[PDB]
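Chain A uses the PDB entry numbers throughout; the residues present, in order, are 173-195, 240-246, 259-291, 298-317, 340-626, 633-680. These numbers come from the heavy atoms of this one structure, side chains and all, not from hydrogens, waters or symmetry mates. One-based numbering, in listed order, for ligands and for the atoms of each.
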Amino acid sequence: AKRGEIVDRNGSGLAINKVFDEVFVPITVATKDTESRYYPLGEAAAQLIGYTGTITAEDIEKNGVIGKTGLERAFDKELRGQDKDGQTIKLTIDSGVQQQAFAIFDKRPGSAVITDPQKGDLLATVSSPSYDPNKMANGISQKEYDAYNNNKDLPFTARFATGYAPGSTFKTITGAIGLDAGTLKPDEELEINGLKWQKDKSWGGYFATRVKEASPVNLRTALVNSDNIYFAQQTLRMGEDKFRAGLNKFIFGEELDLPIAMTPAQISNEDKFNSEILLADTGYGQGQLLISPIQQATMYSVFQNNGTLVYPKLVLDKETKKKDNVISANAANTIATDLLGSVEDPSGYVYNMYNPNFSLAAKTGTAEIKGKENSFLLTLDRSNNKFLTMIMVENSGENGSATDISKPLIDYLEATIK
Ligand SMILES: *C(=O)[C@@H](NC(=O)Cc1ccccc1)[C@@H]1N[C@@H](C(=O)O)C(C)(C)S1
Ligand SMILES: [Cl-]
Ligand SMILES: [Cl-]
């Protein structure tokens, strides 16, 4: 039986079969014609699609080829058939978006998740660096394989499913929670002097620090300037109960119906912060938050659905599933409108991607890990609400920011997905 195909949303192949003339024990391509598993996108979708391998003795313990990793293994039952050819599985992936999202990294460690925010379609799930899935499935030498395993940037890992601290992009949720709680007034002008702030001397040598000097600061200025002090103060103003009440309406601790293994997102290590510092850190995306890029794109989907959360989906014919009224419609549109300044204001961090013919909201972020720094970029299509991007660059202190590489992807999406 011929193994079933994995195709993208347009029917283009992602995991298919192709006949080669191999130079009987086939080694490499030239003598005998054999059918081999082929991946047209190669490393661009290696971690997602995975690769196949020969059935081993340990596999036959839980009663041809079998999917070893990725969707080849998760869908191995439906794909392998029975010798009835295997079934064809059509994904939400867009091959053009998948290849563009992978090209921007250029061996930099990071990930990119592009979604249809109103339907949950995962248009692209990219992890960098990557590996050749055709060689892993049909013949890789110990030299090339050891180069993958000794790569400290870990190309085999699926970074879009790994949990990270979200960074300053998380301020969009903290601000929306503050709006619905009634403690955050969008027009209130907060006096903030200097670059560091603590509640009082009980914080010791720790301060919430910002990068830009500005006063007074309202909600929109705090988002565009990415002011940590404003959001640390607003988080302490609302309190842990009001803060967690809004956070708990998101998908924290919730396993998703995605064929991708993923630890659920968490707010902190325990049910209580037991620290004003930890409560304030969580307000601007640090602390003990662990959210994967797929989970981040899911949480941030509320700003393009009038406060409704749209769950992600990878299989095209799967019905859209939502979580209603995670935040209010007024809070979602207030935050999304304020994020237009990140792209449209000449001093905004995403002004490099400014397009006078397209409405793009955005929010950047740099997380400090116990150190190293990761860069994040969230963009929101506000012209038609047809795409959402969650882009991350690991070790941004050496690899640069996500904003510095993501413009060709955003330009591609504004002309294609629109
Ligand atoms: C949000 O993530 C904020 N980041 C920090 O407070 C930590 C940090 C890391 C490196 C340098 C300075 C501060 C602010 N948002 C990011 C961002 O948008 O890239 C800033 C670096 C502007 S700070
Ligand atoms: Cl799915
Ligand atoms: Cl920003």
Inset, instruction - Write down the drug found at ligand 1. - result: benzylpenicillin (bound form)
Benzylpenicillin (bound form, ligand 1): main contacting chain per the PDB entry | PBP4 protein
| request: Please indicate whether any nitrogen or oxygen in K427 is less than 3.5 Å from any nitrogen or oxygen in benzylpenicillin (bound form, ligand 1). | output: no
Practice problem: Could you see which bit of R466 sits under 4.0 Å from benzylpenicillin (bound form, ligand 1), with heavy atoms only: side chain, backbone, both or neither? | Solution: neither
Exercise for the section: Would you mind listing which atoms of benzylpenicillin (bound form, ligand 1) come within a distance below 4.0 Å of any non-hydrogen atom of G423? Expected result: 2 (O)
* Source organism of chain A (PDB entry) -> Enterococcus faecalis
May I ask you to list the atoms of benzylpenicillin (bound form, ligand 1) that are less than 4.0 angstrom from any heavy atom of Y605? 22 (C)
Inset, instruction - Run down the list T665, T620, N636 and name the one with the heavy atom closest to atom 17 (C) of benzylpenicillin (bound form, ligand 1). - result: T620
- Task: Examine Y540 against benzylpenicillin (bound form, ligand 1) and note whether any of their N/O atoms are separated by less than 3.5 Å.
- Result: no
Test your reading of the structure: does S482 have an N or O sitting under 3.5 Å from an N or O of benzylpenicillin (bound form, ligand 1)? yes
Q. What covalent connection, given as residue and atom, links benzylpenicillin (bound form, ligand 1) to a chain here?
A. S424 OG
Exercise. Can you find an N or O of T622 that's nearer than 3.5 Å to an N or O of benzylpenicillin (bound form, ligand 1)?
Worked result: yes
- Under 4.0 Å from any heavy atom of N484, which atoms of benzylpenicillin (bound form, ligand 1) are there? 1 (C), 3 (C), 5 (C), 6 (O), 14 (C)
Quick one: what's the binding site of benzylpenicillin (bound form, ligand 1) if I count heavy atoms under 4.0 Å? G423, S424, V467, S482, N484, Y605, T620, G621, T622, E635
